[PDB]
**Student:** 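Consider the following structure, which includes S-thalidomide.
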Amino acid sequence: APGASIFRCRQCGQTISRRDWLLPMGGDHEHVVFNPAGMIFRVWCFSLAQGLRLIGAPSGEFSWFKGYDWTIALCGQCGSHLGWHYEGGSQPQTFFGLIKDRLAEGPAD
Ligand SMILES: O=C1CC[C@H](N2C(=O)c3ccccc3C2=O)C(=O)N1
Ligand SMILES: [Zn+2]
């Protein structure tokens, strides 16, 4: 009965990812970053995620991960901004960077 298994959207409970899918990018699954608006994010990298809606076309502007282009990832259920999907890079080609404090962690479904 693990209690730290699944990540859900904090606002609505949509299933988003899993602890098993944490991805250590450059040696750490956690990356502390800031955007041009000065917002600090504690980003957890995941190999896979679900329940999101990726919005727009990819952009390389201000990417926190060298070689990757990003798209905003919203909760597909409630529209909460949960992070970004990264693509266009290498090893892996793609991954998700999700904002840790916008997820709730809990037992499996
Ligand atoms: O890797 C990334 C993801 C996108 C993120 N980003 C933002 O969070 C943001 C907010 C407002 C204007 C422009 C941006 C932007 O590039 C960012 O700065 N780097
Ligand atoms: Zn949600």
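Nothing fancy with the numbering, it's 1 onward along the sequence. Per the header: X-ray crystallography, 1.5 Å. Atoms within a ligand are numbered from 1 in the order they appear, just like the ligands themselves. When reading the values below, keep in mind they use all heavy atoms of this one structure, side chains included, and skip hydrogens, waters and symmetry mates.
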**Student:** Report the positions of S-thalidomide in this structure by ligand number or chain letter.
**Tutor:**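 The relevant parts are ligand 1.
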**Student:** Which polymer chain sits in most contact with S-thalidomide, and what is its name in the PDB entry?
**Tutor:**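 By most contacts, it's Cereblon isoform 4.
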**Student:** Short check: is a protein heavy atom less than 4.0 Å from atom 11 (C) of S-thalidomide?
**Tutor:**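 Protein heavy atom within 4.0 Å of atom 11 (C) of S-thalidomide: absent.
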**Student:** One residue to check: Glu61. Relative to S-thalidomide, which of side chain, backbone, both or neither has a non-hydrogen atom less than 4.0 Å away?
**Tutor:** backbone
**Student:** Which other ligands or ions in this structure are less than 4.0 Å from S-thalidomide?
**Tutor:**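 Other ligands and ions within range: none.
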**Student:** Just need the protein heavy atom nearest to atom 15 (C) of S-thalidomide, so name the residue and atom and give the distance.
**Tutor:** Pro36 CD, 3.7 Å
**Student:** When you measure from atom 19 (N) of S-thalidomide to every protein heavy atom, which one gives the shortest distance, and what is it?
**Tutor:**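 Checked against all protein heavy atoms, atom 19 (N) of S-thalidomide sits closest to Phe62 O, 2.9 Å.
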**Student:** Have a look at S-thalidomide and work out which part of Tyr86, if any, has a heavy atom under 4.0 Å from it: side chain, backbone, both or neither.
**Tutor:** side chain
**Student:** Name every other-chain residue that has a non-hydrogen atom under 4.0 Å from S-thalidomide.
**Tutor:** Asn35, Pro36, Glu61, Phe62, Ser63, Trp64, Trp70, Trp84, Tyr86
**Student:** Are there any N/O pairs under 3.5 Å between S-thalidomide and the protein, and if so, what are their distances?
**Tutor:**
residue, atom, partner, partner atom, Å
S-thalidomide, 1 (O), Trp64, N, 3.1
S-thalidomide, 1 (O), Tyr86, OH, 2.8
S-thalidomide, 8 (O), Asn35, ND2, 3.0
S-thalidomide, 19 (N), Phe62, O, 2.9

